[PDB]
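Amivantamab:Hepatocyte growth factor receptor complex.
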Amino acid sequence: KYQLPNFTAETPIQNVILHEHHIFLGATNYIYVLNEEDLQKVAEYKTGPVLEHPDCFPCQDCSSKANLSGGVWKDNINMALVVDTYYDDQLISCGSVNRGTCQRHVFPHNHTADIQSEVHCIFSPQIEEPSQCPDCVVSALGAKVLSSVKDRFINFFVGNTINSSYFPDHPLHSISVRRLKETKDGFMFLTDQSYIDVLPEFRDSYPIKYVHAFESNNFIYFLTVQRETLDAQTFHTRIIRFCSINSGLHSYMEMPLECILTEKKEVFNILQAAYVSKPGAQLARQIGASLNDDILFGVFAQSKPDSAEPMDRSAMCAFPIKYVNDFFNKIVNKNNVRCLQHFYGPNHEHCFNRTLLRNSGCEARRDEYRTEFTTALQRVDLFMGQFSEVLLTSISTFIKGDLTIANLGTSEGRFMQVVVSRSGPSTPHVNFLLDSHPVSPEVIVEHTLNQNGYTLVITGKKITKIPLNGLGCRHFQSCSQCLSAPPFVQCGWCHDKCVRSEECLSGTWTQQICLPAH
Amino acid sequence: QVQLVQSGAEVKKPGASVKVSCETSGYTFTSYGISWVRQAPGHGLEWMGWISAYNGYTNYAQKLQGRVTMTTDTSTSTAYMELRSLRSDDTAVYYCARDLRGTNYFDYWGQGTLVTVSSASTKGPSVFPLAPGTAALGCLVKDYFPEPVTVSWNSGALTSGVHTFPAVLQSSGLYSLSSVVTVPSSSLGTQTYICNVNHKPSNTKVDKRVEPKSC
Amino acid sequence: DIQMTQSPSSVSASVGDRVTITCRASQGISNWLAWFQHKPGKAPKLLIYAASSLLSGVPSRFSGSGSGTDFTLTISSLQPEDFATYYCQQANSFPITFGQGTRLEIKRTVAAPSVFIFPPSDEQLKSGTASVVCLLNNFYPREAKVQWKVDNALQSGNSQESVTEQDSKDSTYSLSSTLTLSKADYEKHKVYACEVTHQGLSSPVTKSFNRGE
Ligand SMILES: *[C@@H]1O[C@H](CO[C@@H]2O[C@@H](C)[C@@H](O)[C@@H](O)[C@@H]2O)[C@@H](O[C@@H]2O[C@H](CO)[C@@H](O)[C@H](O)[C@H]2NC(C)=O)[C@H](O)[C@H]1NC(C)=O
Ligand SMILES: *[C@@H]1O[C@H](CO[C@@H]2O[C@@H](C)[C@@H](O)[C@@H](O)[C@@H]2O)[C@@H](O[C@@H]2O[C@H](CO)[C@@H](O)[C@H](O)[C@H]2NC(C)=O)[C@H](O)[C@H]1NC(C)=O
Ligand SMILES: *[C@@H]1O[C@H](CO)[C@@H](O[C@@H]2O[C@H](CO)[C@@H](O)[C@H](O)[C@H]2NC(C)=O)[C@H](O)[C@H]1NC(C)=O
Ligand SMILES: *[C@@H]1O[C@H](CO)[C@@H](O[C@@H]2O[C@H](CO)[C@@H](O)[C@H](O)[C@H]2NC(C)=O)[C@H](O)[C@H]1NC(C)=O
Ligand SMILES: *[C@@H]1O[C@H](CO)[C@@H](O)[C@H](O)[C@H]1NC(C)=O
């Protein structure tokens, strides 16, 4: 029973963007534009069900070029949503259909919400080499796209999950970096080493699902879930670190992550969602970090045996990024480092007698080496089993004073706010049911005024704006109970309701005494 | 070597039809489409139609009144174009191009065939002389059909200062060009100037002497 | 149908200049546009596809621009091998449509023509028809205006002209006009004259002859 700003879309919502006081939703067959203040629908754009034909390419008049009778409508599920501000501000969207190509929508000055005025597909054929397609960006089987401007150009780091049927005719790249041409009419690969693929024999036996991707300390990181080796049937999570100099893939390394619960020790080896944030003072001194350091917060789950499907058993681990980099640079020796098993062959010339140069942490060479670690980076659960019997599916993080607070969403559709601390009871101070649908890991956190912002959370066809503070009060129904709230929530009794002083508009707000009746 | 080789030139009377072939080599034939583009004397390029050997799909220009018919032999990887109900408007050069399926980006072409449509018949040319500090003399190749004619001078020994003009279609339907040359006037009495007019369609090889007039 | 509009229709430049040809699309074609170089006697040569993608072998001086309905072809420093007729094609919808072309011509110093006149040979005149010809040799530019005069009286409806291509060596032109008459109308007039007006002549140059002299 919570009155919150929400919006329904009549189709599932994939990715979401916040930019210039407008909220951009990338939903199945549509792109919605809502006003940030009230989540009222302002603009629409129909990327709706589209007809596919081999002789038809993006931006073409397909109805005049080919025979379209009996065509099966294909639903265009959004896959990537990006906003560019380097040049003229625009919105790049990548869908699942039409070879996974992307399109851009340009914003006018007088009106910053015209997404249907100037739209250019980003596609250019390759008549010279008919097998190469740098504009085929996104796999419909799962893709994670991270864009960044560097050296006066726009770069697209893409992780794609590949089915074996793509490889024969329509192939994609497991990890790639594409540069947007200055004419904004196509991507390009600068070298043979701008992309790393899985061997054709391992397209089926070695799936790779890309969970997260971020940039930190002039490095690109990709959180993914793979098989531990090749002949094994168990799955685990790896973090992937690489450098990008002049749009290249240099110093590529994969390192396994392990989130254990010592209460012998069970491992939660499947990442469900992550979020990089800086810590509050308490947690910071609890994990040997500084206030300005980037921490990777991860929500893990335990795998059903010999599978990558997680059961309703979750955990939460913190990985300071500086400790990750130091683990890359120090643990390396003559036994932990390995060759990339799915990139090269298991029996390759490089996988036998080539070592990472010690002249190196980010150098670009003509013959780049791509490695894979044996020893994992382990951390203990910070909730210590509190969520060891549910499936967490969303996480974000903010700071209230010296406290680091985590926003969690579950498989059952529950939203909850908890305080993250190793020494202390990890008991959620906020806990309710957003929707019957699972909570999507794609979320937003926006800070306004003094640490009093909000977070956008997605469930099914609905997205809700949830305030970062004051929800712990709104479930108490008596002043004698409103007085017992934990001190950091700053609750008080407003005549008939329990809120914080900001939400008590008129009347009396008390936080000291309460006078019950007998 | 990826090459497109079209058939020979053809002359037809109005009302009849013409069938041009285009044999391609150097690539998997089905993986590309074939388009046809014609150009009439004094005009630019004009798209006529596109055919996809894979699907069998065809699309023709409504400007051609549905007189066009494109076919394709995959086992021999050759394309065919048929134009029926020929008019004098259709006298032009027909080109056969390839594209990467639906791209319509024509990378490699054929050499193009000349198709001539006119109610005239094959007639050998009539060569007439054009007699003289500097002198100018020439040959007038008049009333021949169809094009072309090759015109040399002194069995190809005189190339400098020669200008062979493009033919002009007369009001009778017979072409007529002029090929001239400037020579030093001090050699008109010590150097004979002969023009060689060869009209292959009529097998008409003619050597004509150009000398100054009587007086 | 969707219409393409090239501009300009013809333009002249020297070697080492920048030349730009603009193409205007009737409807938004996105970047489905190609540029062609066409030289006499050979098929059109594809230079640029996808509005701005150069084909392998095309020199760097060729550049493509534009998107939607406005497109631009640019040659930065011209070379002799680049003077031809360039075409603008779409690849967006059927029917496929080209532009009207753009003739590129080398600019040189003005050169006055050399005017000659040839009377009809007795062979053809002994057959029924007589054709007098007039010649303008090695001139530039093609601003030629040739008009026939018989007994000091203008002619119309019987002259047919023909111009050569620009010469590969000295970049000049040449024109041949053929005035065709019947032997009946020919043997009735005395003087036959050819008047030539050109931007490199101080006065209209007239070359005449008498029928029997
Ligand atoms: C367009 O093509 C269809 C081909 O029919 C089917 O279309 C696709 C969906 C695909 O499933 C193909 O394999 C199918 O064969 C043509 O429609 C058929 O035409 C034939 C005559 O050749 C006729 O006997 C069938 O009844 C038609 N089928 C239907 C469902 O109407 C159609 O003629 C083509 N249109 C053109 C060429 O303009
Ligand atoms: C980082 O080191 C590389 C490699 O050093 C070489 O390593 C051995 C194989 C041996 O051959 C040593 O003598 C080499 O010095 C340096 O890369 C060289 O750079 C120069 C620069 O012109 C080039 O001519 C060499 O061919 C390169 N050789 C190799 C093997 O890469 C590099 O200069 C060092 N610094 C960087 C990359 O920033
Ligand atoms: C989601 O937000 C909407 C408003 O944006 C809420 O719908 C309104 O609910 C109030 C009562 O709470 C009604 O008086 C209004 O008529 C409703 N709006 C409309 C347009 O009908 C809705 O209650 C919210 N839902 C949740 C679960 O928070
Ligand atoms: C590759 O994986 C895709 C993803 O499921 C499969 O595509 C589905 O196949 C089923 C059965 O043929 C269809 O009913 C669905 O419509 C397909 N698309 C979906 C589910 O999005 C595909 O079958 C796999 N490859 C092969 C060779 O089977
Ligand atoms: C912006 O321009 C559009 C023109 O279509 C107009 O409708 C709108 O009112 C303009 N915005 C203003 C005037 O604030």
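The order of the sequence lines fixes the chain letters, beginning with A. Shown for chain A, in order and in the PDB entry numbering: 40-302, 310-406, 408-565. Note that chain B is numbered according to the PDB entry, with residues 1-132, 140-222 shown in order. What you see of chain C is 1-213, where the numbers are those given in the PDB entry. Keep in mind that the numbers below use all heavy atoms, side chains included, and drop hydrogens, waters and symmetry copies.
- Amivantamab, all copies counted: located at chains B and C.
- UniProt domain boundaries put most chain A contacts with amivantamab inside Sema.
- Heavy-atom pairs under 4.5 Å with chain A: among the chains of amivantamab, the most are found for chain C.
- Taking 4.5 Å as the heavy-atom limit, the residues of chain A that form the epitope of amivantamab are A/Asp94, A/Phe96, A/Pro97, A/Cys98, A/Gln99, A/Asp100, A/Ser103, A/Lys104, A/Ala105, A/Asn106, A/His159, A/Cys160, A/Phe162, A/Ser163, A/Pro164, A/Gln165, A/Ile166, A/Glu167, A/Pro169, A/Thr222, A/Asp224.
- Under a heavy-atom threshold of 4.5 Å, the paratope of amivantamab against chain A is B/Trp50, B/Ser52, B/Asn55, B/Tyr57, B/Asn59, B/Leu100, B/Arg101, B/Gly102, B/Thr103, B/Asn104, B/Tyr105, B/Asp107, C/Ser30, C/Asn31, C/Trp32, C/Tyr49, C/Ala50, C/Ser52, C/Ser53, C/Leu55, C/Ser56, C/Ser67, C/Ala91, C/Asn92, C/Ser93, C/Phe94.
- The deposit refers to chain C as Light Chain of anti-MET Fab of amivantamab.
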